[PDB]
Every structure is written in structure tokens, then in C-alpha cells.
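Shown next, in C-alpha cells, is the structure this report addresses.
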Protein chains: 2
Amino acid sequence: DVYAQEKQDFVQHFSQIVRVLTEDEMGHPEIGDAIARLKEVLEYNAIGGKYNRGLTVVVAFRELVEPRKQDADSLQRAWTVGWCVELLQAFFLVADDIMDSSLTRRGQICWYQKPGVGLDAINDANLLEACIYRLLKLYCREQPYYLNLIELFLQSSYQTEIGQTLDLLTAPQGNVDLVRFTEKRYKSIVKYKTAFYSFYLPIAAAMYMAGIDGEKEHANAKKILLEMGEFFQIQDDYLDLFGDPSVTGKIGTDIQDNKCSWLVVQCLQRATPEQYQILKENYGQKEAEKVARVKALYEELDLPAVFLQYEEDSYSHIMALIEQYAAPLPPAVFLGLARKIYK
Amino acid sequence: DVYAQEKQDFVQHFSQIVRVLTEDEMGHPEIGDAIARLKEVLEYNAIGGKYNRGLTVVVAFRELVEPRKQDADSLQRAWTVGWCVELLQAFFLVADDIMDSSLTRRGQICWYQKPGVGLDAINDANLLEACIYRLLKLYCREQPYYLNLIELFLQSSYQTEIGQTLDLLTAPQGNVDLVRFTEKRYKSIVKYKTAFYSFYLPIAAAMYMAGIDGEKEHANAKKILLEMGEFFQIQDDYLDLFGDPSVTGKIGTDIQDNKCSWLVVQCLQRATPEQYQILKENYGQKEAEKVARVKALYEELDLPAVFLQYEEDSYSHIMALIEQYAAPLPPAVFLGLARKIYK
Ligand SMILES: O=C(O)[C@H]1Cc2ccccc2N1C(=O)OCc1ccccc1
Ligand SMILES: O=C(O)[C@H]1Cc2ccccc2N1C(=O)OCc1ccccc1
Ligand SMILES: O=P(O)(O)C(O)(Cn1ccnc1)P(=O)(O)O
Ligand SMILES: O=P(O)(O)C(O)(Cn1ccnc1)P(=O)(O)O
Ligand SMILES: [Mg+2]
Ligand SMILES: [Mg+2]
Ligand SMILES: [Mg+2]
Ligand SMILES: [Mg+2]
Ligand SMILES: [Mg+2]
Ligand SMILES: [Mg+2]
């Protein structure tokens, strides 16, 4: 719950972020209209979520850095790096919503779907990315971990991008072929498209800021964090169809997009030649009726129950991993995360 | 002509680049399909142009760094940084072709227009960007200019992105309003969307590699380079409509896209209330007839001649700038560039 005691201070620092970024037109009036657009873009896409990823940088920071070294300037940099993680995600989600033909996100209409935005949202996403490195310099240029954060963020983007590539290759539009929906392919996708930036990135950022840059340390943290991410994308896939729309804040499109979802991979393993054929003739299509068909098949195979059983086993497994790789880091760093993503 | 004597060695180094980048799946077989896609993406979008921007990094490198310090490893890094500039452009052009609804580029069909690619090209562009920093590390991580190159490339992207924002704001789809097509707005757009990455970036990269990191030096080089860029985007705008399609390698879309072109800004200044009205009812529309109308108006105002007159004045002006700000750098560095973009 260390998050709630940090959330308010985090969400308020955003004003300073938007203020420091727009402080560019202060010397270049000519790009005023562009800066105004960036602000609109920041306020629409960076605001509105739970901010857990960015908060994880703050929280972990106060648990890693010794209290004496937590001055006002350190907490200032920590909030910024946390907003960088949020910007990195805004960058990916804006573009992801376009490539997934999504309709909503965080209860509102997807940025690109907004009248007047359209494909211009592609450049809007590029600017959100650029802002990550602009902030990293304005606030951490003099820090000893500067370069480390830059490489970590670029690394995390490359990995995510590699992961989005698998996501899109395995889900060719209007090209249904359940054969490629294997468990191995699935784990690879989620590992790269979600696990790295959603769990490793935040913790690793805090680690580097705390001077902890040991390869073995990061690899151990990564061992726990990537496994958490795997579970998270599984849940995201599950909620995509069985989630409460008034809670998820976004309409599902996995079945229509012909995505290699956890639900489809699970369905295939537990399906009779008859069912398999039913899934094949209704998957990856926009027809509401067909999508309702696939769902009925999922509920018939008790997937919603299979998911609840995995969440538990996953939880136990992740905890077992913490007991083995947490040290020398405070177990709470990982325990705080597990508490938030599990029930 | 120092370019021609370097071109072949440059275009051949690409194989090593594609080889070093794909050398990632060597330890991560799971992302094999993604690496294959990246290769396809690199080969389709990074190959096919004149490579002047990247060549400029090589050329300038051999003119800045003392012969004794031009070992095999230095020329290796120089070719890489040059390919990074080409990748940065591939990144922007892929996305630019989508946002401009372009049809061709370099004589071939635009990447996103290719069957099976579509909006997935958005992530393909993101990967091209990621590759810039992957190469910079694999080849220059130990160099003293490493961080400088990283910041220069990110800076150049941010500026370009700021510039693409002005380009898109000033050209709202289906929203014709010639009032915003002013000369000042125009200079701002071209300055950010083209001048920085097409002329400053290449020379600056070579400078940093040559140890020349003085602020005053860069600012002086920038004085010359940005002015060259301004001229170049003007020519690009001119060729967009009056260029030889079998030479430009791309179909024009400025008028249809309602772009704040140099030609439209020039037309507005030299137009009677009658003409102004004609331009207003035919600009920013897909109808071939209407676009043919605007063109006829342009030829009526002798714009193709006005352009030829500006190219000359621009040339003299740029040369005057070299006589003033070239030093301490070898004038040839800038003279080589001027020779290539002027007639
Ligand atoms: O916020 C998120 O999306 C995920 C990602 C994340 C990273 C670090 C710490 C917590 C969390 N999350 C989390 O706690 O999610 C909980 C959740 C998941 C789905 C619906 C509602 C809440
Ligand atoms: O290659 C380019 O597009 C431009 C950009 C550039 C940067 C550095 C040095 C030369 C050049 N160019 C150049 O020489 O262009 C010449 C040109 C322009 C238009 C059509 C054909 C050749
Ligand atoms: O299911 P996706 O992977 O597309 C998603 O989780 C976003 N995303 C993108 C990369 N990783 C995750 P979302 O359901 O939020 O649209
Ligand atoms: O005219 P644009 O600025 O769109 C262009 O020059 C590309 N570009 C993009 C940024 N700067 C230049 P192209 O005519 O090559 O499509
Ligand atoms: Mg999505
Ligand atoms: Mg997606
Ligand atoms: Mg999902
Ligand atoms: Mg264009
Ligand atoms: Mg453009
Ligand atoms: Mg053009």
C-alpha cells in the first residue's frame, strides 16, 4: 500500500513535467503551436491510468536508497524517471491502439480515434518517446546513472518493439491459422511485448538510481519481474474478453484481431476436433455473432475457471521465485508488486 | 566528388550492419521471426536512395580527423554512424509516407502501401529507430563521443518530430485556409522537419567523432547547415510538383495534402484577389482536375522561374555564410555539400 502514500505526490509532479517540457517555446516562439499540441498529447495520453508502472520507480527508490540519501532532489529525479516510464507506455499504447484498431482506453476514446487526430497520432507517439530523453537529461544529466537510464529505456523500447512485431506477425489480419498459436510462441510474445517495460524497466530504473548496477543483481531481479509480466499479460488477455468493461477501461479486440491470446492457446489444447473447427470458422472476424461464438466455446471449456486456477499457481510460483532471487534486495520491493497484480 | 570515392565502401558496409543486428537471434531463437521481419524492413526502407546524408558523415570524418587517426576501426565506426543517419531518416520517412498518404518513394511503392504491411509499418518504423541506438552501442560504446552521438540523434529526432507537428498542424486535412501559409511559419517548419536531421546531424556527428565538441563550433556549423536545409526543403517542395517523376522517385501530394508548400506561400504573395480565390477552391483536394488547376495557376505566376532565381541567390548567400562561419573547419566540408545540392 506504499503506493497510495506516494500516488498523490506523483500525480502532482506531472504539472511540473508538462511545465518543464513546454518551457522550450520560452526561447523558440516559432514552435509554439507544436508545443501546444505536445501538451494536448501529454494530457490526453499520459493522464487517466493507475500509474502503477511509474509509481513502482518511486516506491522501489525509497526502499533501495538509504533514507539519508533521499534528499528533495533525489525524490524529484525519482518522480521524473517514474513519469518517463509512463511516457514510454503512452508512446507504445497510442501506437498499439492504432495497430490493434482499438476503440477505447482508460474509459475514453483512443487518441487516434478522436476527430482531427487520425494517423497524425503516429507522430504524436514519437514525441511522447522523445520526451523521455528530454526529461532524463534536464533532470539526470549530471547523475552517475544517467547513461544507464538512457540505455535502459532504449533497451526496453527495442525489446517491446521486438515483442510487438511477434504479436503482429502471429496475428495476420484476415488470416486465421490456429497452428501458430503455440504456448512457446505465446510466452515469447508476452515476455518481450509486456514483461520488460511493465515490470523490469521500473524496478531496474530505481536500481540504477540506487547505484545498484551489478549484472547479477539485475539478472536476478529480472528473473522475478519477467515471470510476473508473463502472468500479467495472461490476465490482460483474460480480461480482454471476460473483464468488466467498466473496470478495464477498454473494449476487447483480441478475437477480432486474430490475436495469439492466452485464451485461444488454452482453448486449442483443450479442444475436440469438432470444437477446433468451430473456433476456426469464428476467430479473427469482426462479426459480433462470430466473436460471441468463440466466447461461448471458451466458457464451454471452463477457461474462466482454468484462468482462476493458474492465477493461484502463478502466485505461488512467483513467491517461490522471490524467496530464491530477492536477495540482496528487500523482498518488499517484489512483494509490493505481487500484492497489486494478484487479486 | 569525394562522395563517389566513398559510396561503394559505404553501401557494402550495410551487409555487416544487417548481419550485426540479426546477430541478436543468435542467443534468442524465440525472436527469430521478429528478426527476420526487421531484416525485411531494413532492406526495403534503408536501401534504394542516394545515401548522401550518411555519406556526409564519412566524407566529413576523413576531412576532420587527422589521417594518422583514421585507422580501420575509426572508418568502421564512421560507416556505422553514417548508416545510423540513414536509419533515422528511414524511420521518419516510413511514418511520413503514412501520414502524408504518399504512394511511392525511391521509385517503389511506399512500405505501408505494400500488401500485408499496412499500419504495422508504424512498429516497423519504431524498430528502425531502435536500431540506431543498438548500433551506436555495439560500435561506439567505448568511444569518448558515445554519449554525444546518442544525445545528438535523440535531439535531432525530437526536433524533426517537432517539425513534423508544425507540418501537420498547418496542413489540416480537408481544411483549406491559406491564411496560415505565411513565410515565417514556412521557415520554421522546414527548419525543424528537415534542416536539422538532413544537414546538421551528419556534419555534427562527424564533428563529435573528431573530438570537436565546442559549442561555438557547432553553432557556427549549424549556421551554415540550417540555411542549406532551408534551401533543400524548398527545392523538395518545388520538385514535389515540377520535379521529374523518373528522377524524384516519388509522386507529389503537397497540394492534395493541403501542405504549407513553398510554392503555395509564393503563390499567395504574388496573387490577385481573383487568383487567390481560384487557389482556394482547388487546394487540398484529391480531385486530379483541381490539382491540375492549382498547378496551372503556379505556372501562370512564373513560380518555376521564381524558384530558379532563388536557387541562385540562395547559393550565393550560402557561400557568403561559408566564408564567414566555416573556420576553423575546412571549407571543403561545407563546399562538398553545396556542390551536391546545387544544380
Ligand atoms: O497498473 C497496471 O496495469 C499493472 C502493471 C503494473 C506495474 C507495476 C505495479 C503494478 C502494476 N499493475 C497493476 O497493479 O495492475 C492491477 C490491475 C490490473 C488490471 C485491472 C485493474 C488493476
Ligand atoms: O540526397 C539528398 O536527398 C540531399 C540531402 C543531402 C545531405 C547531404 C548531402 C547531400 C544531400 N542531398 C543531395 O545531394 O540531394 C541532391 C538531389 C536532390 C533532389 C534530387 C536528386 C538529387
Ligand atoms: O493486449 P495488448 O498487448 O494489445 C495491451 O496489453 C497493450 N500492450 C502493448 C504491449 N503490451 C501490452 P492492451 O490490451 O492494453 O491493448
Ligand atoms: O515533403 P516532406 O517534408 O513530406 C519530405 O521531404 C520528407 N520529409 C520529412 C521531413 N522532412 C522531409 P518527402 O517529399 O520526401 O515526403
Ligand atoms: Mg492493444
Ligand atoms: Mg497490441
Ligand atoms: Mg490485451
Ligand atoms: Mg512526405
Ligand atoms: Mg511530410
Ligand atoms: Mg516534399
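Here is how names work: the chains are called A, B, and so on, in the same order as the sequence lines, proteins then strands, and each is numbered from 1. The analysis underlying the following values was restricted to heavy atoms, covering all of them including side chains, and did not include hydrogens, waters or symmetry mates. Whatever order the structure lists ligands and atoms in, that order sets their numbers, starting from 1.
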At ligand 4, which of zoledronic acid, agomelatine, thiabendazole, levetiracetam, clorgyline do we find? zoledronic acid
For zoledronic acid (ligand 4), which chain wins on contact count (greatest number of heavy-atom pairs under 4.5 Å), named per UniProt? Farnesyl pyrophosphate synthase
For zoledronic acid (ligand 4), which other chains fall inside a heavy-atom cut-off of 4.0 Å? B
Distance-only N or O hit between zoledronic acid (ligand 4) and B:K250, under 3.5 Å: yes
Quick one: nearest non-hydrogen protein atom to atom 4 (O) of zoledronic acid (ligand 4), plus distance? B:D100 OD2, 2.9 Å
Is it the side chain (CB and beyond), the backbone, both or neither of B:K259 that lies under 4.0 Å from zoledronic acid (ligand 4), heavy atoms counted? neither
Got a sec? I need the residue and atom in covalent bond with zoledronic acid (ligand 4), or none if there isn't one. none
Do any N/O atoms on B:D167 end up under 3.5 angstrom from N/O atoms on zoledronic acid (ligand 4)? no
Which atoms of zoledronic acid (ligand 4) sit under 4.0 Å from any heavy atom of B:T194? 11 (N), 12 (C)
May I ask you to check whether B:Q164 has an N/O atom sitting below 3.5 Å from an N/O atom of zoledronic acid (ligand 4)? no
Is there any N or O on B:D236 that sits under 3.5 Å from an N or O of zoledronic acid (ligand 4)? yes
Find the residues of chain B UniProt lists as binding Mg(2+) whose heavy atoms come closer than 4.0 Å to zoledronic acid (ligand 4). B:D96, B:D100
Hey, quick one: which residues UniProt lists as binding isopentenyl diphosphate in chain B have a heavy atom under 4.0 Å from zoledronic acid (ligand 4)? none
By chain and residue number, what forms the binding site of zoledronic acid (ligand 4) with heavy atoms closer than 4.0 Å? B:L93, B:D96, B:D100, B:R105, B:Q164, B:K193, B:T194, B:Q233, B:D236, B:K250
Would you mind writing out a table of all protein N or O atoms found under 3.5 Å from any N or O atom of zoledronic acid (ligand 4), naming both atoms and giving the distance to 0.1 Å?
| from | atom 1 | to | atom 2 | distance (Å) |
| --- | --- | --- | --- | --- |
| zoledronic acid (ligand 4) | 1 (O) | B:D236 | OD2 | 3.0 |
| zoledronic acid (ligand 4) | 3 (O) | B:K193 | NZ | 2.6 |
| zoledronic acid (ligand 4) | 4 (O) | B:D96 | OD1 | 3.2 |
| zoledronic acid (ligand 4) | 4 (O) | B:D96 | OD2 | 3.4 |
| zoledronic acid (ligand 4) | 4 (O) | B:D100 | OD2 | 2.9 |
| zoledronic acid (ligand 4) | 6 (O) | B:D236 | OD2 | 2.9 |
| zoledronic acid (ligand 4) | 11 (N) | B:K193 | O | 2.9 |
| zoledronic acid (ligand 4) | 11 (N) | B:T194 | OG1 | 2.9 |
| zoledronic acid (ligand 4) | 14 (O) | B:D236 | OD1 | 3.4 |
| zoledronic acid (ligand 4) | 14 (O) | B:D236 | OD2 | 3.1 |
| zoledronic acid (ligand 4) | 14 (O) | B:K250 | NZ | 2.9 |
| zoledronic acid (ligand 4) | 15 (O) | B:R105 | NH1 | 2.6 |
| zoledronic acid (ligand 4) | 15 (O) | B:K250 | NZ | 2.7 |
| zoledronic acid (ligand 4) | 16 (O) | B:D96 | OD1 | 3.2 |
| zoledronic acid (ligand 4) | 16 (O) | B:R105 | NH2 | 3.3 |

